[PDB]
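Featured here: a structure holding efalizumab.
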Amino acid sequence: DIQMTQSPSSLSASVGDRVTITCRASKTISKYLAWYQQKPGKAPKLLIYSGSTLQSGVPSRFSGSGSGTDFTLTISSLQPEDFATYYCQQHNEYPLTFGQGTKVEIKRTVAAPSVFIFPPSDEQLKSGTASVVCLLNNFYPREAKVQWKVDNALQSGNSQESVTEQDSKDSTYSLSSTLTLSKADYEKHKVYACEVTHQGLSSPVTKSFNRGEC
Amino acid sequence: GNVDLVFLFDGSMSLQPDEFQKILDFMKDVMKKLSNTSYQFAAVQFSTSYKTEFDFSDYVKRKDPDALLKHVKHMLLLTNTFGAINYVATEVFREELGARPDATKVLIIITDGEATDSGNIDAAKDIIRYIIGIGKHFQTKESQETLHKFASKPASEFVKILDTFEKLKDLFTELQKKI
Amino acid sequence: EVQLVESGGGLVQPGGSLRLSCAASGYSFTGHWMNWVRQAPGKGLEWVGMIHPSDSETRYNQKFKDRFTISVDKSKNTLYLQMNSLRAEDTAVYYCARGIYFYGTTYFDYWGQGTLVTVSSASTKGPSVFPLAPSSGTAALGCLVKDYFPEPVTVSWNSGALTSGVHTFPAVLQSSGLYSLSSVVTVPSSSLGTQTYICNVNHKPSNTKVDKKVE
């Protein structure tokens, strides 16, 4: 079989930069290499085939080059819409083998997270569990700290985060943390806080609420 | 009574995978109509060299134009229309490949560009020859007139120059109200 | 338009079977080779095999030829993938993709939307939807989709009449072996108290549709 090796595994570039993704072949495949763009949750999208042929509909800012073992996808003038893992594929022999993909992420200006906090619902309490949700909305870079505090007791190991994939337009990230407790535990304490550290914030930001109030 | 028809279709580097695809679909729609009938077919791709994609005894076994043409690949080379017609005259119209000696010889040539070679097609003189030139290369009378030496006489009836590949659909319906 | 819509994915036990479907439209289904490609969560793409609908000629990856069977139904314009003796590593998104045969071997120009197949020896658990009510000028609100198995869940707002400022976060896995995700929307802060917000939660493996009005 033919091992397709992509370079690099991931990257970050600012809008309007030259992105050069290289795909290399186990052994010669003439000019028959194809590039795919896969967006989050969506199916891969054909960009290039036969090494350098642009598909109909794909912007000419996408360019394939190469013959034999060494191939290069060059996204010239990167765009915010251009966030989406790129896969290469050989179409010279069977079986058809893909690369492993390169995440292309977008550098932009530092953006401060907006912080929102959600007490548990009374509906969920009727069931023996309390979920407190902290929301960090539209920020950059992706990297942020969330500290869960219950009456100034740090909560570690009983929270779970999620980060949204880059905004295809705007260019930011969003994060959602869920602190989960028993009803008993929840109704035993008053101050529920979410301490957020981010590069965009001058100093940590806290958003809290008092139980039996909210 | 019965006729042996060969599709001699262009596969040069000037065709776009969509335009190549439309020609392939055209040849099928024709076969599909001329089925349950005393016709049998063969299809040859031409560019720099020439390849029988399926012959007559392939057709009379398979019958399905879709299954018969599924292995076709785009040649993406030149347009040697002279060497192509000679190849169909000497290599394809043989009973080795399933051709009938009583059947009349018909040739449908489909191209989107002028011949990249020279010579004559004297070998194919007893073959009825239709030629279909497709758009933007035959957008001038001079170029359209180059296809006349390939077709049967008179050109008035054996040459069709189409404006666009989307017009291969139009042409098919023409032949449906025809006898 | 060329359309490839897939169905049949869901939860399946180890050693169990499953047949996926790919409904093809907007082109001559018998004129192009059809392909199956799969993608394990957070990983790459794998070619399974191809089929030509005309006569159902096939070519497989040998990695898949034993337990995977590709077939067709020209009458329904539908492509199938039959999976057998399944195991944990078979958990993947399975795409049907229309191929071009013209150049080299085959590449894919039109893809299906995909379908998740989860191979696990657990039970289908439908979710609960709890309102993430807005604060006591920009307000956030949402729905917490909790304790479900397996994936995925779809979440929309106002039947689709609202996409601006919506964030459906990736599902996270928890100790219980169940999933839980939140979906939030930012709205005008003065619109609350007069404007209606309803999240539409759908969990097809468990046949659970829930319309949840927030506030």
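Chain letters run A, B, ... following the sequence lines, proteins first and then strands; every chain starts at 1. Note that these values count all heavy atoms, side chains included, but never hydrogens, waters or copies made by symmetry. Structure method, as recorded: X-ray crystallography, 2.8 Å.
Tracing efalizumab through the model gives chains A and C. Among all chains, the one with more heavy-atom contacts to efalizumab than any other is, according to the PDB entry, Integrin alpha-L. By the deposit information, the source of chain B is Homo sapiens. Heavy-atom pairs with chain B at under 4.5 Å: the leading chain of efalizumab is chain C. For efalizumab, the main contacting UniProt domain of chain B is vwfa. Using a 4.5 Å heavy-atom threshold, the epitope on chain B for efalizumab is formed by B:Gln16, B:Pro17, B:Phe20, B:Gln21, B:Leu24, B:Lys28, B:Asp64, B:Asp66, B:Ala67, B:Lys70, B:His71, B:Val72, B:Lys73, B:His74, B:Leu76. Listing residues of efalizumab within 4.5 Å of chain B (heavy atoms) gives A:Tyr49, C:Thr30, C:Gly31, C:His32, C:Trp33, C:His52, C:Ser54, C:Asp55, C:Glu57, C:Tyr101, C:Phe102, C:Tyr103, C:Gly104, C:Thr105.
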